[PDB]
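Alphabetical chain letters, starting from A, follow the order of the sequence lines given. Numbers in chain A come straight from the PDB entry, and the residues shown are 268-373, in order. Here chain B follows the PDB entry, giving residues 331-529 in order. The PDB entry numbering applies to chain C: residues 1-122, in that order. Determined by electron microscopy, 2.5 Å, according to the entry header.
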Amino acid sequence: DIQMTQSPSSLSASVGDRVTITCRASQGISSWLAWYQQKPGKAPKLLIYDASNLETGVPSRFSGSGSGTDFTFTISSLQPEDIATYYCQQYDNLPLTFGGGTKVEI
Amino acid sequence: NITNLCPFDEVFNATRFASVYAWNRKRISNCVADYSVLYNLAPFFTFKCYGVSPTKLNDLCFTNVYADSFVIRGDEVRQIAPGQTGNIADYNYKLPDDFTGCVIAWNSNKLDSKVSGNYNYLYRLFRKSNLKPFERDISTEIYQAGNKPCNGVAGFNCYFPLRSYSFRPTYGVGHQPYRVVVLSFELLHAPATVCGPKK
Amino acid sequence: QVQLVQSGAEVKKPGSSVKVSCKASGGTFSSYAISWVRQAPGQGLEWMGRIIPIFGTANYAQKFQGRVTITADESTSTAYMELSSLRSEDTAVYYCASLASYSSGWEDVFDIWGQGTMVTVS
């Protein structure tokens, strides 16, 4: 089944520091990727539902783009509320596969 | 006397396309409409016009332009035309008899199909009466039979009105998803908001 | 608005089965599709299967094919999923989520997530 490699596994950055997370699909996907935010001990939150589409109510602070195999999700600035673990989800085909996840630390 | 190009890029190249059920409608005004970029490219397999011709599009002026988009099966592209009949024409999307515009449809199996999936797109199968031209219906009430009232899907005629194509790669060309864009035009005198890239 | 409420946590010995549910609230049941996501302790999320009660169609991942069954009940709007032949590595937090795909032009991305149920083998 289609498998996604998400790197870096963990990234540490300070307040106001830009964050970049890379998600790579083993097979080309036509922009059918989504990003989630999961606070500790809480259900994941859908931040970005398409390659670059932000969901209603999600701050513009977050952003994402990409196509084919390589995709990137970025945070323009690290607020304290942004410290969380982010996963990239591929839904081009039925067997939905989540990325390895990226733990963010202050 | 305008200089900004029309937003055709965000209509044809958009990753997301609405269902034939509750189809999208985008208004285009106050822009330069250069149609060469559309039919010159490979992916647009089919392109037909009514009341005008593809080559004459770049030489005309339009008072109002609407861009309707949706996804249908390959065999159902025939139903997208004036005076046609069928599920899509009768209950989902009907064109007027005097329709002035063009219909652009092309195969999107690579994008809109999944192995045993593709429930993104739905169409209406039951309705009391046929839609009026450019009519839209977002309701999903149960289709009660009449001999007894209904609160949910039940037997005989108590059917759930909507259904999904469920596109998969295993389907043939006829049943594969086709990405469709319909352009509607008005050809009255001044004021005119849309014109071609003429001098 | 749409809200998903899951049942209580479960603890079992190996070889048993689980019968967790998530009740849909608000709106109408004719507009929700449910998917179940597994998350082992400290590991990433894993998609199990999808259920669309209105069309009566369900799908499962290759690992859980023949082992997980997902059902629904319109009368009570409870989405049901069962896992058979429990073994220690089945321990994980299970989330009930609503798909966006079953709508006009949306996709499988999960919009609303349930509170999740703690399932452990011990």
Look up in UniProt the name of the chain making most contacts with chains A and C. Spike glycoprotein
How do the PDB entries name the drug found at chains A and C? JMB2002
Residues of chain B within 4.5 Å of JMB2002 (chains A and C) (heavy atoms): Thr345(B), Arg346(B), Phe347(B), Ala348(B), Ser349(B), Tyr351(B), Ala352(B), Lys440(B), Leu441(B), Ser443(B), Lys444(B), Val445(B), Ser446(B), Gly447(B), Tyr449(B), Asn450(B), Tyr451(B), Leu452(B), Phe490(B), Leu492(B), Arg493(B), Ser494(B)
Provide a chain-and-number list of residues of JMB2002 (chains A and C) within 4.5 Å of chain B, heavy atoms only. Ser297(A), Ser298(A), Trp299(A), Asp317(A), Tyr358(A), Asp359(A), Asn360(A), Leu361(A), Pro362(A), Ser30(C), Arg50(C), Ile52(C), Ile54(C), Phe55(C), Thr57(C), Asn59(C), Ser101(C), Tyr102(C), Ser103(C), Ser104(C), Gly105(C), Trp106(C), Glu107(C), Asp108(C)
Mind checking which UniProt domain of chain B carries most of the contacts with JMB2002 (chains A and C)? BetaCoV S1-CTD
Chain A, as named in the entry: JMB2002 Fab light chain
